[PDB]
K.L.:
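Here it is: the structure, laid out below.
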Amino acid sequence: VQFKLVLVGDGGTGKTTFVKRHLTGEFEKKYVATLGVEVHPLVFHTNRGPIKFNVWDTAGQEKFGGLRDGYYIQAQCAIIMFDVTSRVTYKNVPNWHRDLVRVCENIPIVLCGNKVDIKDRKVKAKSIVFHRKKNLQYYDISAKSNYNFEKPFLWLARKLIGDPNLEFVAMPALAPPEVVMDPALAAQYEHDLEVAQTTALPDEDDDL
Amino acid sequence: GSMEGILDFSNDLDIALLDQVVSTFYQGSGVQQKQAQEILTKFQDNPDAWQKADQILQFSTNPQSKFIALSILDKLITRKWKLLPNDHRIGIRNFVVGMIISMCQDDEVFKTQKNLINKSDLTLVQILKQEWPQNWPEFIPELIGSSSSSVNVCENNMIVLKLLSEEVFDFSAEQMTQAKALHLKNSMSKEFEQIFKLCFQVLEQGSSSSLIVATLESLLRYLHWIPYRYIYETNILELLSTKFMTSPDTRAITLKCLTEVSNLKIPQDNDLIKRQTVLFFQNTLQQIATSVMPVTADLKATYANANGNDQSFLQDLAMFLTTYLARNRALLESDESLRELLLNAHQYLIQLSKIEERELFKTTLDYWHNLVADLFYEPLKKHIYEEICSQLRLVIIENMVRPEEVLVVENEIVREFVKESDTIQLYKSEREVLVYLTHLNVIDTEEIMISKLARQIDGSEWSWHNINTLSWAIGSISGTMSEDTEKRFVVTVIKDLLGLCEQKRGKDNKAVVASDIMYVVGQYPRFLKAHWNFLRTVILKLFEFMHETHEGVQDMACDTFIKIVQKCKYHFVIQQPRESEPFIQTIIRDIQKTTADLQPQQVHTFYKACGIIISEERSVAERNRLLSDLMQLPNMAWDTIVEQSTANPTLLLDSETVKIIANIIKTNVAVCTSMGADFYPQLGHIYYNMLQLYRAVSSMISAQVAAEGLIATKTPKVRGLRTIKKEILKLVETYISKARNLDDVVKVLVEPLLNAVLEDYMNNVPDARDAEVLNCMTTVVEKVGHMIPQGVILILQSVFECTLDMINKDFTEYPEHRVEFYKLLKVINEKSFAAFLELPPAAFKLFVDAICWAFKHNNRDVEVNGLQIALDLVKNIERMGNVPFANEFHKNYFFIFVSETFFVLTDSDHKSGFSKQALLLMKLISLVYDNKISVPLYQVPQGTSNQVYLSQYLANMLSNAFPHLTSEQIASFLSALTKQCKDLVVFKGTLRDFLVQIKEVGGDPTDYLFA
Amino acid sequence: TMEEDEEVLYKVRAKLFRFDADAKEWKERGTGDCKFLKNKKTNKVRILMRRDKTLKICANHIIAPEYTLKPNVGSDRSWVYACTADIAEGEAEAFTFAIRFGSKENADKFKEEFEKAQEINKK
Ligand SMILES: Nc1nc2c(ncn2[C@@H]2O[C@H](COP(=O)(O)OP(=O)(O)NP(=O)(O)O)[C@@H](O)[C@H]2O)c(=O)[nH]1
Ligand SMILES: *[C@@H]([C@H](C(N)=O)c1cncnc1)n1cnc(-c2cc(C(F)(F)F)cc(C(F)(F)F)c2)n1
Ligand SMILES: [Mg+2]
């Protein structure tokens, strides 16, 4: 039960950071431009079963665009991403959209305005209307704060599975094993643990 | 494995190997996929891959492989077409044409290869942009002709025309020069009569839906630009509004066509056109009622059910109705025979407005705001819409979104986590419409609200959702009623809401109802001001909630307190009748009791609200006494902590002491924020010891880095010591930015400040420098810089070079220093430019470097200040006129700024700054074309004008940077650009025309004569 | 769900990290409710933690008695400890974990409860 999801938008808007948060739970602060595309599978557990997305995280910087619209072939859904701290990225949303629906003419598409965590917002809420005429779903999101991070995938999953009441459910939790530590490498986990103890956790001013 | 073989072009291409790489990319996974991807990218990027295109299209069995071949041609056509020899051009044309014809005659390919035929049409369209009509003038005639040969070719011709209209009218601004865009637009316009014929015949004929839907999709595009006559002087509106509304195959595209038709503004004097605008609306609404849904249908349930394309049809319908009615409802409001039409349409909108779908609601709420604003001003309209407005009151009141202020929520009623900002704009838009609807009929709004309320008292309708949405609505209409009706309204509402918290017991009930009363009372300050006995009771009740164990209620009680005080402060400073003292006196006396269970942040808000009150007292002597009373606790704790720091300066080790100091300083910051200039006596009380404590904590931090390494700046202890330093800086900044007595700022504050902060900043290691030092200095320079020229010099010397070295190795480290640094250079450059003149020549050169380094950031905060500094700096040098410093400035730096500006304009990585980059460049060029540079810019024959040398420098500069341009392109560009250096808008157009030409070969040099 | 055969001894909101010893950085793994669950049938106590809105497991492992909570150099509200058999991602991998809480009180109460559990598992 798997669906091809293409992710598009200008460079720097936070596409790869958004996926990676869903893959691993981490927040990558560095900007390493995506080269062509990166494919990751991503599974959600719903009350209607598991749904699997094959996420084609494509590249926003033109000089890294690779096959460009060639990535869109046979996509079943998509996310268009812009950055609400960068007006230029909203203004290009119509260009990504044009190129996406020339290849994929009838697929569910979400428009996501990322980085609403940043105090100085530039793309005002009232100004975000492109999606109305094109029947896109729209959400404010932040990959850094997780604000609404799940809503694009919950929406798409409802549209793909055909069930507006589909919800995410807790995966069942198998008993964990009773493993005793290895005395051969017990003198070794002094070091691995020393490093981690003296590396400071990121973002110590956060509420958590 | 051996997938990389296709990258070797020595041999011929193994098509079957190509196809295996492709299917490994699309259909594979993991590493083989990731490796096939890199192979295909390298294959595509090869400047000769296009030659392999026709053999991939001839002999391949993979549609994806052919797609990728076409992407390779597209790249070649868009960027390098005119460098091809003419024979390859026609070969490529005839190949692409022939593959299209060939695919549209094979009924099986036509059905199953839609993606590949679309890609081919787009490729053909790329060839038209380059070749049509000047080297292909019969394209449109042949296309019309060939449309009779087949139904598959006619259908596909529509796709080509749709993609052509898009590329010419909808997406040409950014991708073509002005001149080329005009040329293709005029060419399409000239040949549209014929195109319309084909499209109108197809639509009347009526083959099958597949051709129809494509002809309509093309029509959607034409309507963005074609003349009104093609719509109103034919029978095409009757077709759209009737025939194609009935079939659901065509109904979606037709509605979108009718929305575009709507949106135009009609010639507002012709009775015929007006009647036609009415008729197509009347036809459309009859087909909806009869063939889709009657006006009573439950569109909320239909949309929730999400069968088929319902959700999209309802959205398109909402967009059609709102679009047409905002433009044209006046066509329906006077003729009595049009009244049911007007109202049925608005009745559909009432039903659309009950769907649960935020974004769809926002779309309809925008229309309702347009309506009710019109009805508040236009004479004789509102009675027409009375029953609509009555229904809208109920819709809005039952779907109020939670306001910012209401900090409780359900998951179990608990506290918020996050500032819902997708909700902030909605609430405001709901409030605005509801406030208008209350003006339009205040009696009906009250009756709705009081009855809904009567039916909560009864438990007849009780629930979290219902009492809340009602309460938020009741709050949101503050200021629409008369003071007298308000009086009786609020009384009733409060009486009823009090009854409700006594009935609904349990910890979750009482938190819901308490948040609702706080919201409501906080929203009616006019009432509170007039009913002092009630105001006093409200405040005492809020003080009570400050001891509540439910953290949501408690945090809300603090915010409600200061929200009330911002509006009613005057009533807390005067002595009220029947009161032994101003109420401020009672609040201050009891502050330790009132605030004892609050978190520190909430304590500081409480003190901030007391400062708002104290600043209402304008007798200086009485204000300063209130201020010292308010500050008694933090000042006794301060006087204690400072005798115990001076005697044996080591107690500050103590993590508890550190927290205590920071909260003292944060308390002063809170009170200073609301008292402003009036805070000065309190600041003077602590200033000298505070600056000594600053030096003392600075020593502690230094000594901990020294003993533990850089990692010490991550420890709780050192972050706490730095918090002390940051808060001291914030307090000083906060005071200085509101001070009215600048003479005291300079004579009392500034010198001890600079002695305390600047060397400590300069001689710390980089990871221990606080960027707040920079922010503090920026306010100092902003507010009194003009009075402290030697102080500004001193600031530069201490922070300029050492900060630059922190931030000039990449664009990412020390982000906050970066931003604060360019903010400080900006203010110094506009207010104390003399500081830069006394800079040594080496350091002035680092300053120019610093400005240019900012241009290259993508971080907009930095970039924009960089461009502004550069512009202001030019103005500053120009103002010196003809003197040595300015002439040596031009000799040394003029061409550095021209070329760096040109770099960021053309590298495609700094688009956000185009407008300011163009501004800077036009200023620079204009300096030379007004002989405001009184010195030769060169080291070339003597007597040469600076204008001639500038042209020469720039032609050489662009020739080496863009060697694929011809000399004539460059020369025409510079001629246009220099001629337009007093006309920013045209200058910008000319730069945009250049940015287009540098992306292709063979740009036409006459394009720069466009203006 | 596979949890109704268990009793909740302790719940707290936390943020969980996993140390990438190759990159030498901590990497967040999830943010949600951290629970101590005591198996009604075996009396074995585990940590189970789920992400807030996807509800995805981000920690599932026995609160072994061999484990020891250490402080992290940057925080007075966090604990580092090494885990040999965590199944949140599937195969029982080994991790160095850090878990941070809203406050230092939350962190200290967690350490108390974590240690009590170790005694219970000591049987
Ligand atoms: N403050 C904030 N920053 C974010 C957020 N999401 C992503 N970022 C930041 O945006 C920057 C770009 O990261 P990235 O996810 O790779 O963006 P991208 O669109 O995938 N880049 P590309 O298209 O070139 O491959 C990073 O620095 C990242 O920390 C967010 O939600 N909030
Ligand atoms: C009900 C009840 C009570 N008799 O005060 C109560 C409920 N919770 C906690 N403590 C007491 N109740 C609920 N809310 C109020 C209330 C709230 C305000 C305030 F929101 F603070 F403005 C004001 C008033 C008053 F001014 F007294 F009407 C009452 N009472
Ligand atoms: Mg990316």
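We name chains A, B, ... by the order of the sequence lines, and we start the count at 1 in each one. Each ligand, and each atom within it, is numbered from 1 in the order the structure gives. What you see below is based on every heavy atom in this structure, not just the backbone, and it leaves out hydrogens, waters and symmetry mates.
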K.L.:
Which polymer chain has more close contacts with ligand 2 than any other, using its name in the PDB entry?
P.N.:
Exportin-1
K.L.:
State which drug is present at ligand 2.
P.N.:
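The drug there is KPT-8602 (bound form).
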K.L.:
Give, by letter, every other chain that has a heavy atom closer than 4.0 Å to KPT-8602 (bound form).
P.N.:
B
K.L.:
I need the residues around KPT-8602 (bound form) for my notes - heavy atoms within 4.0 Å, please.
P.N.:
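The heavy-atom contacts are B:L498, B:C501, B:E502, B:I517, B:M518, B:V521, B:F534, B:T537, B:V538, B:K541, B:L542, B:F545.
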K.L.:
Give the residue and atom sharing a covalent bond with KPT-8602 (bound form), or say none.
P.N.:
B:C501 SG
K.L.:
Okay, next: other ligands or ions under 4.0 Å from KPT-8602 (bound form)?
P.N.:
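Closer than 4.0 Å: nothing.
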K.L.:
By number and element, which atoms of KPT-8602 (bound form) are closer than 4.0 Å to a non-hydrogen atom of B:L498?
P.N.:
28 (F), 29 (C), 30 (N)
K.L.:
Which KPT-8602 (bound form) atoms, with their elements, are less than 4.0 angstrom from a heavy-atom of B:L542?
P.N.:
21 (F)
K.L.:
Going by the order shown, which atoms of KPT-8602 (bound form) are within less than 4.0 Å of some heavy atom of B:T537?
P.N.:
26 (F), 27 (F)
K.L.:
Closer than 4.0 Å to some heavy atom of B:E502 - which atoms of KPT-8602 (bound form) meet that?
P.N.:
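The atoms of KPT-8602 (bound form) under 4.0 Å from a heavy atom of B:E502 are 4 (N).
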K.L.:
Show the atoms of KPT-8602 (bound form) that are less than 4.0 angstrom away from any heavy atom in B:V538.
P.N.:
22 (F), 26 (F)
K.L.:
Looking at atom 9 (C) of KPT-8602 (bound form), what's its closest protein heavy atom, distance included?
P.N.:
B:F545 CE2, 3.4 Å
K.L.:
Run the numbers for me: atoms of KPT-8602 (bound form), each under 4.0 Å from some heavy atom of B:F534, listed by number.
P.N.:
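In order of numbering, the contacting atoms are 26 (F), 28 (F).
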K.L.:
Is the closest N or O pair between B:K541 and KPT-8602 (bound form) shorter than 3.5 Å?
P.N.:
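Yes, since at least one N or O of B:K541 sits under 3.5 Å from an N or O of KPT-8602 (bound form).
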K.L.:
Find all atoms of KPT-8602 (bound form) within a distance of less than 4.0 Å from any non-hydrogen atom belonging to B:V521, and give their numbers and elements.
P.N.:
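Taking each heavy atom of B:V521 in turn, KPT-8602 (bound form) has 22 (F) under 4.0 Å.
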